[PDB]
Structures are given as C-alpha cells and as structure tokens.
Amino acid sequence: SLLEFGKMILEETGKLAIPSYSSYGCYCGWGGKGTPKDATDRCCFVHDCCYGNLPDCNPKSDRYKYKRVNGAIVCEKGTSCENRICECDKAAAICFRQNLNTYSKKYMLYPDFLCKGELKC
Ligand SMILES: CN1[C@@H]2CC[C@H]1C[C@H](OC(=O)[C@H](CO)c1ccccc1)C2
C-alpha cells in the first residue's frame, strides 16, 4: 500500500515520502510523461513501470508484509499481487537510497509543463 511504501522510504532514506518523494520531478508521486530529471526521478519512472506490469493489482491499497534480515528487505509471502507489489516497492526504496547523493530539492513540486514526451517502459 502507499502508506507502507512511505514507511519503507523513510526507513531506507531518512526522508519523509511526503514531501520528499510525493511531487519530485516528472515521475515521483504522480507519474506520466517527460524525460526523468535525474537518477531519483528515474527510480520513480521504473517504479511506475513496475506497477504498470500489474494491471489487475491495486498497489495503492493492497497491503503486503516484509521483514529486515540485517538491513535487507525480505518480502514475505502473501497473494501474488502482494508479492509483486512488495518487490516493486523494495526496488524503489533501494533505488532512492542509492541515489541520495544526487537528490535535489529544486525538483520538489516540479511543474507539469516541464515534463513532455513519452518514454517507453
Ligand atoms: C498503483 N497506481 C498506479 C496508478 C496510480 C498508482 C501509482 C502508479 O505510479 C506511481 O507510483 C506514482 C508515483 O511515482 C503515483 C502517481 C499518482 C498517485 C500515486 C502514485 C501506478
């Protein structure tokens, strides 16, 4: 679920999902179009594609379970949708962590008109 993803993001990065990642660049928090602005935005692009691989799943609301094995995220078995959603979220949280070194506040609340063009998954 979105709330679980937000908790995972905070655990991983030390940043609150809202507002650090809810309106960032062209793909974080609201998706759509444009060339991703930087590595963090590319994490969101891929996360959006990942959810897009699951047409008949409901990532915003469906809850999954996971544990930590030392720092590693381990998705625990639930329904097939839950397992796949968890793997999408885990990857995005790791990606955000890997790209904190280039996170830029200038991309928070990024305006929609600066995001044009389709980028295929
Ligand atoms: C799980 N749902 C999909 C359709 C709305 C959502 C979120 C999707 O893509 C996103 O993760 C983005 C954030 O990057 C998002 C946009 C708008 C609302 C919630 C999430 C796929």
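Just so you know, residue 1 is the first one in the sequence shown, and it goes up from there. Whatever order the structure lists ligands and atoms in, that order sets their numbers, starting from 1. For the numbers below, each heavy atom of this structure counts, side chains included, while hydrogens, waters and symmetry mates do not. Recorded method is X-ray crystallography, 1.2 Å.
The drug that appears at ligand 1 goes by the name atropine. The chain sharing the greatest contact count with atropine is, according to the PDB entry, Phospholipase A2 VRV-PL-VIIIa. By chain and number, the binding site of atropine at a non-hydrogen cut-off of 4.0 Å is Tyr27, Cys28, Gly29, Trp30, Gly31, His47, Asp48, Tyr51, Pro59, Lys60. Listed in the PDB entry as the source organism of chain A is Daboia russellii pulchella. For the pair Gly29 and atropine, the shortest N or O to N or O distance falls below 3.5 Å.
If you check which protein heavy atom lies closest to atom 5 (C) of atropine, you get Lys60 CE, 3.1 Å.
Considering backbone and side-chain N/O of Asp48, one or more are found under 3.5 Å from N/O of atropine. Which parts of atropine touch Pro59 is read off a 4.0 Å heavy-atom cut-off, strictly below it: atoms 1 (C).
Of all atoms in atropine, numbered sequentially from 1 with element shown, those under 4.0 Å from a heavy atom of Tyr27 are 13 (C), 14 (O). Those atoms of atropine that come under 4.0 Å of a heavy atom in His47, given as number and element, are 11 (O). Close approach to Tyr51 involves these atoms of atropine, each under 4.0 Å from a residue heavy atom: 1 (C), 7 (C), 8 (C), 11 (O), 21 (C). In chain A, atropine lies within 4.0 Å of these UniProt Ca(2+)-binding residues, judged by heavy atoms: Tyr27, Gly29, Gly31, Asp48. The closest approach between atropine and any UniProt active-site residue of chain A, by heavy atoms to 1 Å, is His47, 3 Å.
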